[PDB]
Colleague: 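Please find one structure pasted underneath; my questions will follow.
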Amino acid sequence: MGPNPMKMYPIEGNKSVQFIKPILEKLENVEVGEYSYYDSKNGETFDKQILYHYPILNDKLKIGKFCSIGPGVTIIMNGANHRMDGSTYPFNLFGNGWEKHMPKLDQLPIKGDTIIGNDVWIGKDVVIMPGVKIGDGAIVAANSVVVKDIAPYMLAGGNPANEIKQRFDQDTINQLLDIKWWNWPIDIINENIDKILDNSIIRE
Amino acid sequence: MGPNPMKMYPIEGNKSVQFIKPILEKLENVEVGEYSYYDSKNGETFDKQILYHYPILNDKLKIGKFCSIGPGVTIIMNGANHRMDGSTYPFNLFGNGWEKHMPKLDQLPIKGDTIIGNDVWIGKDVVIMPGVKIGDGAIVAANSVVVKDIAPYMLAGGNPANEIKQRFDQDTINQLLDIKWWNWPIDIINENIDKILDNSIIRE
Amino acid sequence: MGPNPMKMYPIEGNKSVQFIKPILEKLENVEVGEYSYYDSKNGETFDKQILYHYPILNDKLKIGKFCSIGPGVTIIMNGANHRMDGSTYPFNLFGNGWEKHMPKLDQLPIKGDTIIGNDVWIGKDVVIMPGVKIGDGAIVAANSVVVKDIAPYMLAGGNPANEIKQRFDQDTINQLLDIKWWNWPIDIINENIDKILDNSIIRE
Ligand SMILES: CCN(CC)CCS(=O)(=O)[C@@H]1CCN2C(=O)c3coc(n3)CC(=O)C[C@H](O)/C=C(C)/C=C/CNC(=O)/C=C/[C@@H](C)[C@@H](C(C)C)OC(=O)[C@@H]12
Ligand SMILES: CCN(CC)CCS(=O)(=O)[C@@H]1CCN2C(=O)c3coc(n3)CC(=O)C[C@H](O)/C=C(C)/C=C/CNC(=O)/C=C/[C@@H](C)[C@@H](C(C)C)OC(=O)[C@@H]12
Ligand SMILES: CCN(CC)CCS(=O)(=O)[C@@H]1CCN2C(=O)c3coc(n3)CC(=O)C[C@H](O)/C=C(C)/C=C/CNC(=O)/C=C/[C@@H](C)[C@@H](C(C)C)OC(=O)[C@@H]12
């Protein structure tokens with residue numbers, strides 16, 4: 001029961017909702033989970049939303065399963081960073097002899113990898129800056145600009161984005177993070193979808 | 001004297017300025033005042049700026065008179081809200097038996113109506129969140145994201161948007177509020193335009 | 001040695017990077033320095049990023065040398081300001097008799113000129129409001145909305161943008177602002193590029 005987790009366009013008669021995994025299976029350094037989807041703004045594919053991602057920098061992007069990515073969302077990788085121990089002018093890129101001035105292995109600090117958890121809801125036109133992490137069950141308000149990490153099951157928003165409120169109580173979050181319903185077999189999930197929607201899955 | 005309040009494009013030689021009322025008089029659940037206008041960004045008509053507005057949700061949009069709306073301003077209605085008491089995943093939307101997991105209207109958050117007062121100036125590319133109320137004579141700095149109510153005759157800006165300062169003294173605001181020059185017959189307004197532009201109408 | 005400071009498209013095989021000076025050479029009230037460049041978002045030329053710049057107001061735009069402007073950056077001049085001593089409604093624009101209500105020379109306060117210094121890096125999609133001043137060697141985070149001035153060699157971001165950190169210590173900044181490597185003859189610069197990149201040029 002349900003949509004095929006490996007179909008680029010799960011809903012025929014709607015070429016806007018797309019499954020991310022089947023589309024990003026070809027990309028290097030990008031691990032994406034099943035059922036996570038993207039809501040296109042003008043027909044573009046999610047791969048066009050990943051920016052400044054260069055294999056030579058070795059940074060990686062990780063997206064969990066069952067995520068909701070609104071239209072216009074953008075993920076910024078480490079390619080945007082300029083040198084900062086002196087001038088920020090990229091002499092090297094202009095060539096004609098300036099290519100001598102290319103940064104050495106240790107003069108381009110890296111902020112780290114980008115990992116988005118499971119069951120995460122990202123609003124419209126949100127911008128993700130390099131190296132940030134987002135915990136499971138988090139909700140990011142539309143038009144946010146995230147520079148710092150966001151704890152699991154939190155409500156964040158703004159520019160810069162800040163934590164606004166806890167979705168549930170600690171004990172509930174603790175249990176939810178321990179059962180990880182998203183890793184269950186598809187058949188088991190189907191028999192509990194309701195309990196997952198009302199948060200009663202922590203009881204049974 | 002003055003432009004025709006019911007012409008789509010009141011200014012000959014300017015296919016950018018539009019009177020909103022004539023444009024949006026066809027829409028369901030949208031109530032707009034006269035003389036309020038929109039400055040087109042690329043030729044689009046203000047209707048394309050109202051997002052996630054569905055008749056089934058019963059939320060209404062109200063805009064006052066004599067308002068100035070900058071280019072790119074968008075208004076987000078309640079249609080963007082996901083279910084929040086559990087997982088934010090929209091199972092129902094994928095079909096294949098999942099349609100049975102469709103939420104009732106009682107299980108969807110309702111933030112209320114969106115109400116814009118009279119004589120309001122909204123800056124370029126401002127985003128308005130659902131259920132927001134903006135008082136008369138208020139000013140919203142460009143590029144703002146409004147998530148909470150804004151008092152009358154207040155200058156707000158930012159993301160999230162916050163109140164910056166009172167345009168005038170309290171007694172002045174109180175006087176303006178119970179005068180409502182915008183409700184005067186057009187011929188009376190014409191003979192007081194200069195007095196309205198300098199705040200001396202409080203001296204009559 | 002290096003690229004031609006007078007070539008619209010300095011890099012062969014990349015019609016995105018463009019030199020500002022040659023492109024804005026036609027504009028009145030716009031002065032831009034050598035080597036400062038723009039990274040095009042969709043093939044658009046930088047002149048399309050300067051908004052509300054009206055000769056009648058006489059406000060000027062000044063950009064220094066050796067700057068790095070990210071894609072989508074827009075500069076808002078004084079043509080956006082509305083009258084604020086009373087109603088913000090621009091009666092005058094609609095004509096048909098209301099043209100007689102046109103602000104006097106002193107009924108439209110002006111926030112001043114917009115001056116960006118030398119060696120400054122402005123992030124992607126950053127918006128610059130009217131009258132702001134940005135000192136040399138300052139870094140502006142992407143997606144920022146700058147409403148107030150930024151001091152030399154400071155890091156600022158947010159909406160509204162705030163100064164986050166001082167890149168170096170006072171003595172260093174003081175020394176840098178005193179030598180102004182950006183004003184040296186191109187030949188002398190070429191023999192110190194590496195020294196400029198690691199801030200060792202202060203000890204010569
Ligand atoms: C032979 C390699 N090719 C194929 C022809 C190009 C791929 S690349 O890895 O050399 C890439 C090109 C320039 N850099 C850009 O990000 C880039 C290139 O053009 C542009 N950016 C246009 C801009 O994006 C201007 C921007 O201001 C430049 C930025 C933000 C530079 C940030 C600092 N860049 C680096 O530290 C450069 C590292 C070098 C070593 C190269 C690799 C060869 C290692 O990687 C790039 O980022 C490189
Ligand atoms: C038979 C009814 N039709 C005609 C065929 C569709 C109209 S609808 O009212 O069922 C509409 C379709 C899906 N929902 C969307 O907003 C929508 C549909 O496709 C898309 N959105 C593409 C997206 O917008 C993906 C997006 O991420 C989905 C969102 C933001 C869902 C938010 C939560 N949605 C609701 O709570 C769904 C409520 C149901 C009950 C339906 C009505 C039948 C009541 O309304 C919709 O919002 C429904
Ligand atoms: C005869 C003069 N012409 C040729 C026909 C027009 C040039 S203009 O200098 O009168 C110009 C027209 C309206 N203003 C606009 O910014 C403008 C005109 O249409 C539009 N903007 C569409 C919009 O840009 C809507 C926008 O919301 C209007 C803005 C942001 C108004 C801000 C406040 N405007 C001023 O204070 C008006 C000053 C007057 C005096 C006029 C000059 C005659 C002095 O300048 C403009 O800014 C004027």
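Here is how names work: the chains are called A, B, and so on, in the same order as the sequence lines, proteins then strands, and each is numbered from 1. Every number for a ligand or one of its atoms is a count from 1 in the order of the listing. Atom set for the values below is all heavy atoms of this structure, side chains included, hydrogens, waters and symmetry mates excluded.
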Colleague: Say which drug appears at ligand 2.
Modeller: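 That drug is dalfopristin.
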Colleague: Mind checking something for me? Which chain has more close contacts with dalfopristin (ligand 2) than the rest, going by UniProt?
Modeller: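 Most contacts go to Streptogramin A acetyltransferase.
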Colleague: Are any other chains within heavy-atom reach of dalfopristin (ligand 2) at under 4.0 Å, and if so which?
Modeller: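 Other chains under 4.0 Å (heavy atoms): A, B.
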Colleague: With a cut-off of 4.0 Å on heavy-atom distances, which residues and nucleotides contact dalfopristin (ligand 2)?
Modeller: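 The binding site of dalfopristin (ligand 2) (heavy atoms) is A:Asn14, A:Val17, A:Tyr37, A:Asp39, B:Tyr54, B:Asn81, B:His82, B:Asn92, B:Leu93, B:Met102, B:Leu108.
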Colleague: Could you tell which UniProt active-site residue in chain B is nearest to dalfopristin (ligand 2) and give the heavy-atom distance to 1 Å?
Modeller: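 Rounded to 1 Å with heavy atoms, the UniProt active-site residue is B:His82, 3 Å.
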